[PDB]
Asks: 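One structure follows; several queries about it will come next.
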Number of protein chains: 2
Amino acid sequence: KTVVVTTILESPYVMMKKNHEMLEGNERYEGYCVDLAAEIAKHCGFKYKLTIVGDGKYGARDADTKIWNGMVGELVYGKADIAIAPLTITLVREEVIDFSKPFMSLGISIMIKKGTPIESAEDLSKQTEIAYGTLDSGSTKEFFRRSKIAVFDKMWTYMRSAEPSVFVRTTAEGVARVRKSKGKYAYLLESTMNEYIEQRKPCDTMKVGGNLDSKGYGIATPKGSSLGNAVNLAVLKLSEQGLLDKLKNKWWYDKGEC
Amino acid sequence: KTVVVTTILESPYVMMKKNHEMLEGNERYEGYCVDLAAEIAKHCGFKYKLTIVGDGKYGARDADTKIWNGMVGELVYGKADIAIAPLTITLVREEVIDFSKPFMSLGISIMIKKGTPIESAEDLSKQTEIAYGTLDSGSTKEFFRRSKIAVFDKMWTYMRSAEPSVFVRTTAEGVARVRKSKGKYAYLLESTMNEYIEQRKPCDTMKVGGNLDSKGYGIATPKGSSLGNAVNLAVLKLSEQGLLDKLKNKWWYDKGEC
Ligand SMILES: C=CCSC[C@H]1Nc2cc(Cl)c(S(N)(=O)=O)cc2S(=O)(=O)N1
Ligand SMILES: C=CCSC[C@H]1Nc2cc(Cl)c(S(N)(=O)=O)cc2S(=O)(=O)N1
Ligand SMILES: N[C@@H](CCC(=O)O)C(=O)O
Ligand SMILES: N[C@@H](CCC(=O)O)C(=O)O
Ligand SMILES: [Zn+2]
Ligand SMILES: [Zn+2]
Ligand SMILES: [Zn+2]
């Protein structure tokens, strides 16, 4: 059977090619995760179809209804066979789906417009002039919501009650907000996305401070799926043969505009 | 039953306590992995005994005989229930044992005596005045042995044939060799150990260049062991609550001597 791959439009993991309308199937997309999928499938010996997650989300469990949305949801409810995306390995997710060893490392980080008077999370927490928020429905939000650390609980306390909302529906929305707010908004997002955007025109944002945590993205499959074994091994192999580092440079730094 | 934990004397993961000559059982030891074991066993609800691996090795397979030595062999042959140590996740190991998600990140790196005229692996490869080597029966050696990369292959070709041997039986041997070779020996070892030593008297070594690869340590169990599941989830939990970051700072930078 052809493996259904759920993924998500997020630069530079997966992007529409500048001419997709004249192309079909997997050929419409490009990016780090597009390249990885081809490699995973070749080594694991399967055919596959990339499909963009319907609700444009990563995956969260609705408190009350207990329904999972996003890519996680499509794996849990049987819509997809595998997720190849910047999907963060987390405990609540590991409880309902299987993750391979990480194919890329990241930490929550701070994006500012250049010249913004901010060096750290502690800095953000001690003031109110500069607003700050995170993506919706993602691991970054949950990090803050669940945190017992001082600086982080205070930040959550501010963020949850800020109005207008400091949360964004997409990474692009967050970046645009930083860019348009003249230094009055900072965005909390994963280091990988932060570093990509830092290398893109108009070159007006930067990552500041150390990361808030340390984790990674994993390739995910439905709990107990037979795919898991092969896919995990393929990730280790590709990692050892230098493919992942090659892809990272290809899509982040080789392209560099700044 | 009491879990038999296999581990290895390797600073600052597992070290004999000072007062040492007065304690019994697990109490004899201190370090990152010592603290990690306690936490894991707490959250998984088991009692355990720390045992120092008999042959003092991480684990590799004898080509010719195909028998695994080191901590890997102790799991494969049934002498131990779990390994908690700076044990690198690799493809050939994953094929015979199970690893949790990584609990710490590292990459292969270069340690020099301060002032040694070397800035990179390329630098090492381009010259002969300064000898260099790696640990025996570990993942770093295998890295070079199996490397297709131009720079590293040339380094391996030199290393496998050098005389006197440039390989060492333990990290401590490698480090003493850098320190007493007046800059004529560079040691290839994992960034984690390199950074620890760099902050310890006599403060005469340093890490130079960037990491050659990106990987991680995992807690290992015999393949298909039931313990594996609980252990993995315990690592995730510990990661998310910040204990892992707590432990790292305790054993690396809070110690700082330089
Ligand atoms: C869902 C998560 C899968 S990976 C979790 C992760 N945990 C950590 C924690 C720490 Cl403190 C470190 S570090 N900075 O001490 O090295 C590294 C990692 S990880 O990236 O190896 N995995
Ligand atoms: C623990 C078992 C297998 S881990 C293999 C590893 N691969 C890489 C590769 C890269 Cl290039 C990166 S990075 N530097 O681009 O973020 C990260 C990882 S990993 O640590 O997530 N896993
Ligand atoms: N990688 C995150 C989404 C981005 C973020 O939350 O910063 C996730 O899997 O939920
Ligand atoms: N961490 C390595 C040992 C140290 C090294 O090879 O540099 C292993 O698990 O084999
Ligand atoms: Zn003694
Ligand atoms: Zn605990
Ligand atoms: Zn032999």
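As listed: the chains are lettered in turn, A, B, ..., one for each sequence line. Following the PDB entry, chain A shows residues 4-261, kept in their order. Here chain B follows the PDB entry for its numbers: 4-261, in order, are the residues you see. Looking at the header, which is where the method is noted, we find X-ray crystallography, 2.0 Å. When a ligand or atom number is given, it counts from 1 through the structure's own listing order. Every heavy atom of this structure was used, including side-chain atoms; hydrogens, water molecules and symmetry mates were not.
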Asks: Look up in the PDB entry the name of the chain with the most contacts to ligand 1.
Replies: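 Chief contact partner: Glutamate receptor 2.
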Asks: What is the recorded name of the drug molecule at ligand 1?
Replies: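 That would be althiazide.
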Asks: Could you give me the letters of the other chains with a heavy atom under 4.0 Å from althiazide (ligand 1)? Thanks!
Replies: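 Other chains, by heavy atom: A, B.
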Asks: What is the residue-level binding site of althiazide (ligand 1) with heavy atoms closer than 4.0 Å?
Replies: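 The site of althiazide (ligand 1), heavy atoms only, is A:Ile92, A:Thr93, A:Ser217, B:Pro105, B:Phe106, B:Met107, B:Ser108, B:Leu239, B:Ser242, B:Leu247, B:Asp248, B:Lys251.
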Asks: Does the N or O separation between B:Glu243 and althiazide (ligand 1) drop below 3.5 Å for any pair?
Replies: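 No, there is no polar N/O contact under 3.5 Å.
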Asks: Heavy-atom contacts with B:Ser242 under 4.0 Å: which atoms of althiazide (ligand 1) show up? List them by number with element.
Replies: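 What qualifies from althiazide (ligand 1) is 5 (C), 6 (C), 7 (N), 8 (C), 9 (C).
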Asks: Considering the heavy atoms of B:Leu247, write down every atom of althiazide (ligand 1) situated less than 4.0 Å from one of them.
Replies: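 Counting from 1, the qualifying ligand atoms are 9 (C), 11 (Cl).
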Asks: Just which atoms of althiazide (ligand 1) are under 4.0 Å from any heavy atom in A:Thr93?
Replies: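 Reading through althiazide (ligand 1) atom by atom, the close ones are 1 (C).
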Asks: If you measure every N or O of A:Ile92 against every N or O of althiazide (ligand 1), does any of those distances drop under 3.5 Å?
Replies: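 For althiazide (ligand 1), there is no N or O atom that lies under 3.5 Å from one belonging to A:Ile92.
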Asks: Taking only heavy atoms of B:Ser108 into account, list the atoms of althiazide (ligand 1) that are under 4.0 Å away from them.
Replies: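 So the answer, numbered in order with elements, is 16 (O), 17 (C), 19 (S), 20 (O), 21 (O).
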